[PDB]
Undergrad: 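My structure is below; once you've seen it, I'll send some questions.
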Number of protein chains: 2
Amino acid sequence: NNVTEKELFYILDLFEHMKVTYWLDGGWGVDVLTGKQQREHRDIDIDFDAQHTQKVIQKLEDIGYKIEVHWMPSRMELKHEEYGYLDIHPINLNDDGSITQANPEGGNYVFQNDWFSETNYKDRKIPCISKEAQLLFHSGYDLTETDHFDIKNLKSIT
Amino acid sequence: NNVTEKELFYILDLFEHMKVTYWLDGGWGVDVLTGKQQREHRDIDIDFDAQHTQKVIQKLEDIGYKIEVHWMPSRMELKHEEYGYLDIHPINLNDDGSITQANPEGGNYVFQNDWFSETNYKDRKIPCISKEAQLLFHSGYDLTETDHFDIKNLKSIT
Ligand SMILES: CCC[C@@H]1C[C@@H](C(=O)N[C@@H]([C@H]2O[C@H](SC)[C@H](O)[C@@H](O)[C@H]2O)[C@@H](C)O)N(C)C1
Ligand SMILES: CCC[C@@H]1C[C@@H](C(=O)N[C@@H]([C@H]2O[C@H](SC)[C@H](O)[C@@H](O)[C@H]2O)[C@@H](C)O)N(C)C1
Ligand SMILES: [Cl-]
Ligand SMILES: [Mg+2]
Ligand SMILES: [Mg+2]
Ligand SMILES: [Mg+2]
Ligand SMILES: [Mg+2]
């Protein structure tokens, strides 16, 4: 049921084939920063260009993902019988160079651009959020045992 | 108004003369990691060995700090007419090797040992929380402009 490296690569291929700018986030994002798989994963988190929201959802449905949680335009969780869980997060990629997310209520989060980057993982280049961003969006007073493991793995990155 | 480097050192000295294990935290903790002062600070945050809570409070009171809000177990917020604001956070250095802080809603927060570090600041060794711990206890979705400034100062750390 867990999301294997091969299944992650397939999802990465989907977005790249669709020419949708995106970055891997969450737990697989942590492992990718370390250069190898560290643990089993329930899910993949992908942050993606919000202008392609409709065709991203449609393609995921087309290959068998079922929508289970729809918190859009903030977040959506889908589930595939083989590929596992996938959470997508639409983000706004503005012509003025800025990268934003709508504030669930009022306003816009303005991300730091260098929080979105790329790493060479087993000689594939994978766009992903940075180690710094991973630590920033983790919450120190709200950590699971698995969060603790991931944070230690980030620390081991030279 | 603020808390100067000289004032900071004197508060650090109090803990050292009391022989209480402690770590500098908060904004001054960020500056110390970088090795020089970066901005004016309204307060000091110090995490310290909870076994010494009673004598630590007594000494702060003896030199003239007044308790503003008593939030045990999390912390005590204090204020001094000349030295300004000081928050202290009692942490438990357990014989099982864990480091924890009580959570008023049940259980405890678990910290990692390597979040408690030190650095050479102007040829003084100051114990302080780590760079990664500072990022971790910041909240990505709730950063002020000063938080961003503080965080970028940690980038610059070669
Ligand atoms: C540099 C930008 C990083 C941002 C962080 C990411 C995000 O929102 N993650 C959520 C996650 O909450 C839970 S994990 C605890 C969810 O399980 C997970 O799917 C996911 O939503 C939370 C940690 O902030 N954002 C879109 C972009
Ligand atoms: C390493 C584990 C120890 C815990 C971590 C620490 C913590 O939360 N510090 C925050 C502080 O952010 C602001 S200061 C800039 C807050 O004002 C301050 O209260 C304070 O939370 C960190 C970002 O500097 N805790 C009390 C104990
Ligand atoms: Cl630990
Ligand atoms: Mg994930
Ligand atoms: Mg997730
Ligand atoms: Mg502070
Ligand atoms: Mg503070």
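We name chains A, B, ... by the order of the sequence lines, and we start the count at 1 in each one. So how was this one determined? The header says X-ray crystallography, 1.8 Å. Indexing begins at 1, ligand by ligand and atom by atom, following the structure's order.
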Undergrad: What would the PDB label the drug at ligand 2?
TA: lincomycin
Undergrad: I'm curious which chain is the main partner for lincomycin (ligand 2) in this model - what does UniProt call it?
TA: Lincosamide resistance protein
Undergrad: Return the other chains, by letter, having a non-hydrogen atom closer than 4.0 Å to lincomycin (ligand 2).
TA: A, B
Undergrad: Can you list, by chain and number, the residues with heavy atoms within 4.0 Å of lincomycin (ligand 2)?
TA: A:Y141, B:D25, B:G26, B:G27, B:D45, B:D47, B:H89, B:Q101, B:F111, B:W115, B:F116, B:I129, B:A133, B:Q134, B:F137, B:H138
Undergrad: Measuring to protein heavy atoms, does anything land under 4.0 Å from atom 6 (C) of lincomycin (ligand 2)?
TA: yes
Undergrad: Report the nearest protein non-hydrogen atom to atom 19 (O) of lincomycin (ligand 2): residue, atom name, distance rounded to 0.1 Å.
TA: B:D45 OD1, 3.9 Å
Undergrad: Going by a strict under-4.0 Å cutoff (protein heavy atoms only), does atom 12 (O) of lincomycin (ligand 2) have a neighbour on the protein?
TA: no
Undergrad: State the covalent attachment site of lincomycin (ligand 2) as residue and atom, or none.
TA: none
Undergrad: For B:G27, counting its heavy atoms only, list the atoms of lincomycin (ligand 2) lying under 4.0 Å from any of them.
TA: 15 (C)
Undergrad: Tell me whether atom 21 (O) of lincomycin (ligand 2) lies less than 4.0 Å from at least one protein heavy-atom position.
TA: no
Undergrad: What I want to know is whether B:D25 and lincomycin (ligand 2) share at least one N or O pair that is separated by under 3.5 angstrom.
TA: yes
Undergrad: Hey, which atoms in lincomycin (ligand 2) end up nearer than 4.0 Å to a heavy atom of B:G26?
TA: 14 (S), 15 (C), 24 (O)
Undergrad: Of all the atoms in lincomycin (ligand 2), which lie at a distance below 4.0 Å from a heavy atom belonging to B:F116?
TA: 1 (C), 2 (C), 3 (C)
Undergrad: Any nitrogen or oxygen of B:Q134, main chain or side chain, under 3.5 Å from a nitrogen or oxygen of lincomycin (ligand 2)?
TA: yes
Undergrad: Considering distance alone, does some N or O of B:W115 sit under 3.5 Å from an N or O of lincomycin (ligand 2)?
TA: no
Undergrad: Could you tell me which atoms of lincomycin (ligand 2), counted from 1 in the order shown, lie closer than 4.0 angstrom to a heavy atom of B:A133?
TA: 1 (C)
Undergrad: I can't find it - what organism does the entry give for chain B?
TA: Staphylococcus haemolyticus
Undergrad: Quick one: look up the protein heavy atom nearest atom 26 (C) of lincomycin (ligand 2) and list residue, atom name and how far away it is.
TA: A:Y141 OH, 3.1 Å
